[PDB]
Amino acid sequence: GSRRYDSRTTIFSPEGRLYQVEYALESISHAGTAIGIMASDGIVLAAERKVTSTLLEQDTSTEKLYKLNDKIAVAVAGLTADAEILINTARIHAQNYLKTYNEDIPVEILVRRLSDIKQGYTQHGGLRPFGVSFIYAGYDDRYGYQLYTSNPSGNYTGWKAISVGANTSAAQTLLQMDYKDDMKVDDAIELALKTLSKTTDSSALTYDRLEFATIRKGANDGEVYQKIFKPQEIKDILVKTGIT
Amino acid sequence: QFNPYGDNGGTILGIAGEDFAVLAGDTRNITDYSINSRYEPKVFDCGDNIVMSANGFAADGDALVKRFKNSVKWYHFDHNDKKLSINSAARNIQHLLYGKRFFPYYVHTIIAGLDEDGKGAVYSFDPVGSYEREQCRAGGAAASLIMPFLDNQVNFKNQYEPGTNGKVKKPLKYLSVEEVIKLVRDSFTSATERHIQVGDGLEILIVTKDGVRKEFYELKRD
Amino acid sequence: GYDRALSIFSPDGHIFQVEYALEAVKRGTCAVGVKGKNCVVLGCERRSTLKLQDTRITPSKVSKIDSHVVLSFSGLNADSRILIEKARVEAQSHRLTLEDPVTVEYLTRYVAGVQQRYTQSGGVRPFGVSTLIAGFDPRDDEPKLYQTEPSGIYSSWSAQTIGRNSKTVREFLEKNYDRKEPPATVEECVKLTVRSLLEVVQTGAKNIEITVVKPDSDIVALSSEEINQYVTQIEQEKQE
Amino acid sequence: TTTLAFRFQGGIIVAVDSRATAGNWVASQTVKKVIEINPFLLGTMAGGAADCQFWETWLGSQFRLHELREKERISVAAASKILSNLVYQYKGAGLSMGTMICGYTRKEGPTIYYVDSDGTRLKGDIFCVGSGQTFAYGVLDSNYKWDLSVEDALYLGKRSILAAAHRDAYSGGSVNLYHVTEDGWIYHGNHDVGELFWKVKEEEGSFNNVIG
Amino acid sequence: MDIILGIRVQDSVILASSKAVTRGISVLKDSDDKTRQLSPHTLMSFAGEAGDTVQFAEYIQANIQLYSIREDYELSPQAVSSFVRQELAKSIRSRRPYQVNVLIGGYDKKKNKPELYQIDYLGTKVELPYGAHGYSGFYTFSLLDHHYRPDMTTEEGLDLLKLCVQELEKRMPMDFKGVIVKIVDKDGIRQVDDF
Amino acid sequence: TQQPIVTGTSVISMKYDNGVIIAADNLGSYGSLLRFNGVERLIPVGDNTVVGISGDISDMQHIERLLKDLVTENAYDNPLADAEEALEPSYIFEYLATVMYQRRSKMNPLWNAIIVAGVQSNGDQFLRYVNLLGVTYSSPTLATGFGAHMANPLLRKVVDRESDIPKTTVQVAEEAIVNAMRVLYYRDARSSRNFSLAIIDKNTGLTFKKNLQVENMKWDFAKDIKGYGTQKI
Amino acid sequence: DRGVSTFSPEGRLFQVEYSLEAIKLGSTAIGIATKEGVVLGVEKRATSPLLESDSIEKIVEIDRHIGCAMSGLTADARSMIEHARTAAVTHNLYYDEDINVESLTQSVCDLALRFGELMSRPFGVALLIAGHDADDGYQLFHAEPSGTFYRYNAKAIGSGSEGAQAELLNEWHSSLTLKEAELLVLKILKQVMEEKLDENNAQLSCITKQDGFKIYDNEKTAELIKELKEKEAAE
Amino acid sequence: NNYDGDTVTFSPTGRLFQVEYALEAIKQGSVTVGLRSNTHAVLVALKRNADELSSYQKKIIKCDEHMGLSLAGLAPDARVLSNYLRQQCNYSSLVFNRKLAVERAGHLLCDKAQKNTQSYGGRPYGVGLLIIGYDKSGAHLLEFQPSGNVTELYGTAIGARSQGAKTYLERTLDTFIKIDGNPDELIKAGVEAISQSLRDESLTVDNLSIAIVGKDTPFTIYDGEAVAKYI
Ligand SMILES: *[C@@](C)(CO)[C@](*)(O)[C@H](CC(C)C)NC(=O)[C@H](Cc1ccccc1)NC(=O)[C@H](CC(C)C)NC(=O)[C@H](CCc1ccccc1)NC(=O)CN1CCOCC1
């Protein structure tokens, strides 16, 4: 029958590894680098677009950074189509929680449920896993500003600063060098860009090959604002830090 | 609107002795004021020295007897031809009846036989499965006529020893098969006189260690 | 639905998928359980290749199933969440129907049953996880420590360890633990647990987690400084 | 029916009548309305005869399965809650059951639970259930003290059923007595009202409404 | 089931609930506690159809306790009330709805404020300074309109509550066998034994 | 839940020494309207059984199809389909009796009263009744509807008990049936003059008589009847 | 790969045959039947000395009149026992009587072959089912994952089975007392066990008409071990 | 070779190997014999044991008062098929008040075994059956094979060394067919037939298993001291 053609996506190797999860991670390692840095008064999300063409519409484009709700956003590394499936689920899960408890969903709860979905694809169903790694950047009134990451295995962990996708090894060393705990947002903006500028496979880092976003308490009195940077706003912040 | 139940009349009677047990029932079948049959048996040998009758709505009665007879058959297959004891049969019947708790079998069921000590046994059931072992039970249309007579003559109720100032009760004792059949025949002739749905014929099934015997007697046909 | 029988027998009578799940446990960070006279202590390793971590929000290795029972593990982290969730639900379900919290034996038996079901169900692979379940039964002062594994077998232990280099720390416990006289106090029990982990860990900084469970739902997690004091004390006695 | 059970110094007393009716037709005078679930648990039956008899028999099978699985006798609380959760699933379907789960365990001590077919579950010291519950309450309450002796408690339970058996048209036949201690339940006989009424009238001097 | 009351004051929430359980012409019990603790700083009283009440209350209790274990965190009274309302709002369009009315009294530790929510069996939620279910309201609301002040103490609230129970005992047809009173504040939940 | 629309009235039958006789009129009524006149309500199954049906005609036609299909199904992989393993009356009845009770138990009955008449392989006479409720019974004489009230009394004067069966010839038995059909025409408002009759004998086999009529009627005395009491003209 | 319910060229089911190999790796279990009762004994086999041996539950009660011992992948036996207990209690509910030992065994064995592409694989555990009923008296059954069961006068399963079975062939007779049977299980267990036999690493049990199914204490078994050593030295 | 992985695959020469491998399981099974006259039908079966301490595996199963079979191969598969026959015999009784014909019993088994040989996932039955019965057309004997093929015979035998008993019956055909109104002599002929398949072992009291059905004889099985007459 059909047994002949089954890849058996949810099995162990003799060494106790999940073949498909490992190979999905190998896929993600070729994707455009995405960095998250958490400061005391906000969070930065920076991501490098995959080899841009000059005739690509840049201003009305979204590849790396996505908004889950008013208080939480994600940076993507891997297959975009796979990520969008998971993003719509996460958006719905956030609205279910709000409808139930009349309170915005805590960041970890959203992350756990999204990570639990990925886990399911590795243990049962016989389907391939999602070839996606997320960086979650968000705020709630329990833990404040938070950075998380999840990968195809469905395992998630918390971070002060983290990178996913390409050149994470080199990127994580640079972040570990210059990062400190009493850091501000504006400093973290500079660190994010400087790190990409050195780890990039491109000749020079320009405005048209980047996506940028901040989550500050920079609004008026005790409330959080999400800023997804416009092209011209990235051009200005790139000049202001002296990269171009 | 369609009504799934009907009344087929008739009446049944079970008495237990020391080493025997009888299960009697008239042979008349009716609907409203018409006679359907003057001889339609409703007391059945079900095997393993168990006799059974399910009086009331005959369609439900037949269905139940049919299912219990089948239950006995499968009991032999599943448990190495083991004899189904009267107490086990009763509990099984409860589950048959209660299985249709929310669309009941409209019948009064009575079974008879010998217990595991060889002594005579009679069990009786309501329509939804509640049961009880007794020395004595009448069921069906003329149950209300026959039952108090049985209390008096089988269990010696309200009878005291003469001259003892109503202080000493008449002592309980088992009845002979001869004496029991006398009481059955008198019970049914009396019920025939005063109940319209009872008559035509009487069929008694007697159960001893030797097997299952039958006796038949004519009843008034009006 | 996906039906494939993934866990099956081999010519030599082995179920490889179950045995390969044990290898995933062997890869996982070490975990240890030691029970004293009036307490149980759960110790856990944390690998130090991860700096720039946020320890406030990072999932803790020891999980509360109820107010009186805890569960630690070794193996795949994502898998462990599913078992913990099922256990926490069953814990509340038991209180609801029986009007009494679960015994540690019962909770273990349930978790072990779930693990077993995944070894002979179609379309699923076994859990790459072994657990140490510890606590105290309701209105009881006798300490309880149980272990489970992917195959589904479970058993009680005076002291036990699982994960990477667990055979080294089991060797340590086998000569250092006396059945006739277990650790009389909390301090003695925690020290023996930290000692056993120091055979394997590396540094006693932010690598060791300790959680103490006492009778009547009395559970607390130790901080860095409190654990570091045990590390400092043991090393000074060692130089002799 | 009339059934009662009350808690006191020396454990639990449980008393029931034995009548069964179908309208005004007295169908039986010899019904066993107490189920012996196990050596430490009793259950009383009032309402629909089949409903009570079937489900309390089913109940004893569930409790047997508990002690096989858990290697320990089931608690009175857990026992009563299995029954109450069962009937709650059938709520609205028309079950008619008024039951009392009575027993002793180490952790609980002597315990009585009232459980009925509309899902009510209540722990308590005194309960009377059935069509003649009010008649039993009248006698029981007015004579109840915690410090009753085993002998006096047994009699009060017996006398309360007799009172209801007399006045309530849908109660009678005979009285079945039980005493529950730390060591388990003890049966204290079947008492026919036919002889018991006159014996009580003469010796006690009560029932002056009746022609002697 | 009949009488359940609730009063929010300056620093606490006070719930009072009748002790009688009646069925037919018999008071089966006169010491019944018509409440369940959902969390350390949240208490829910209930009244309605026999069976439905306890079954519903415990089902909510189990769910909130499950949440507490999972997140190692206590839900706010506002969050708990919204969860309860949704469960009742589902229920009303079911095959057999829960016929239960509830009061949720809790102390929000983040805001340092007491909160009282009244929810009926339809899933109708309102936050109130004082609340009641059933026929009780027809006496107690007008009484509290007159005597209630927002800045009252817990002791002043208990006297205000005694004034309600007295009125009910005078004018209600049924004997409800007194009330069990419980207080919810910054230090948790405790029962007044002598009322 | 049904209500019967097009309906058929009485079916009557009895036993005699060597076999059984059954009869039923050829009318399909639509309430008070005597709508259809060519309706055959006796349906033979093989050469040894006749099924007579009263009640709803749409449900009768459904039952016809079931019996027709039963004969087909029995012939499948059956070399002795016209011999030892042929359909018996008792088999045909029990099948119908099963269906009738299953349909009543689903609250969707076949609104009929049925009488299965025939002869078994060992020569024994077979006659048994079944209706919408699944109720079954057997008797030397059987009848449905008005037949139960008017025919049975007349037929029981010939065969009152079991011992009267050997003493009753086919000539005497048919005479009683034909007489009963006349009485039903006098007194049943939903009956017709035309009817069918079937005899199943253990020796001569199945004889099916169509297009019979009620005859030798007494109507002459009507001319003498005037008014309703005190009229003289 | 290949189908789960496939036949070999010799006419055997691959998966069933492979499961039998798993059972050979399991710890030893022995059963002996007498006119005075049936005895069941097992090797506990703790993997490490720190493991509390009393928590090793390889002898199990099904009903008051039926007991059970296991060998192989013991985790697989949980759902088999659960089924056996339900079957036993359910039959008591439907028929107000104890269920026959043979009928119980047959109900368990019906689960065995309910696998394929139902559960994903056969059971990797063999069971010894011992009990008593009024009809056929004291009985001992061996239930395999093939769906087959044989009644036995005596039977050993597990790693030391073939060696122990040969010993049971010589030692068993129809007039064995219960005490004689107890010692005989201990004797044969001590012969095939790796580590030295004592009350902590071996467990005894029996079923009698009078007292029903009982697992022996470690104190009671210890005395039977001491009684066994003395009797062998006495000649 | 490459065409025996499952039952859904044909070989290049048009063979179903999984069905053939199931047939092989029957050859390994213990011998059983079937024969009949015009009045009675008899089953004789050699039971097999694990060792001297074990019981002897029961080979004969009752299906109805007038029908039953003997097995050879996988015993659990015989339990499944016999159970199906019991239900079909029972359906015929409840619905049609009719004893199920032995020929229809064969047709039903054939069609049940066939479905297992044409679908992916399932497997063929691994057992052969000898069905005897007495119905409205007299005594009958059937042979069932898990390929689906059912055959009506005067006499036959299946299992290991069944060729010896099958040859004997082929010689004795004219003799035993006319054993009418004599049960014991028809059994004697069946016992002498199965004896032609014995090697090193002989028929003992707890080894032999006999069953009979006929005109005025319900289906009954004889074991233990009840077969000592025929040794
Ligand atoms: C006191 C004595 C009365 O309230 C107790 O409460 C007892 C409890 C004991 C028996 C455990 N209750 C009864 O006796 C109970 C009262 C009752 C009756 C019906 C419904 C609810 C409560 N009686 C019964 O259950 C009788 C017992 C029989 C007669 C031994 N059973 C019936 O009346 C049955 C079943 C009724 C039924 C319930 C639910 C669904 C369908 C049916 N019905 C009949 O027997 C019908 N009838 C009897 C008279 O003869 C014609 C047929």
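Reminder, nothing fancy here: chain letters follow the sequence lines and each chain counts from 1. Reckoned from all heavy atoms, side chains included, excluding hydrogens, waters and symmetry mates. Order of appearance sets the numbers: ligands from 1, and atoms from 1 within every ligand. What you see here is only part of the deposit, and the contact count is restricted to that part.
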Discussion item. What's the chief binding partner of ligand 1 here? Just the name from UniProt is fine.
Written reply: Proteasome subunit beta type-5
Fill in: ligand 1 drug
carfilzomib (bound form)
Worksheet item: By chain letter, which other chains contact carfilzomib (bound form) with heavy atoms under 4.0 Å?
Response: B, D
Worksheet entry | Heavy-atom nearest UniProt active-site residue: chain D, carfilzomib (bound form) | D/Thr1, 1 Å
Discussion item. Quick sanity check on carfilzomib (bound form): covalent bond to a chain or not, and to which residue and atom?
Written reply: D/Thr1 OG1
Worksheet item: Short version: PDB name of chain B?
Response: Proteasome subunit beta type-6
Item to complete: Pick out, from the UniProt bortezomib-binding residues of chain D, those with a heavy atom under 4.0 Å from carfilzomib (bound form).
Response: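 Going by UniProt and heavy atoms, it's D/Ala49.
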Practice prompt. Write out the binding site of carfilzomib (bound form) as chain and residue number, heavy atoms closer than 4.0 Å.
Written response: B/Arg101, B/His108, B/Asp126, B/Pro127, B/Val128, D/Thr1, D/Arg19, D/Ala20, D/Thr21, D/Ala22, D/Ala27, D/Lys33, D/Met45, D/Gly47, D/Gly48, D/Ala49, D/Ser131, D/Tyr170
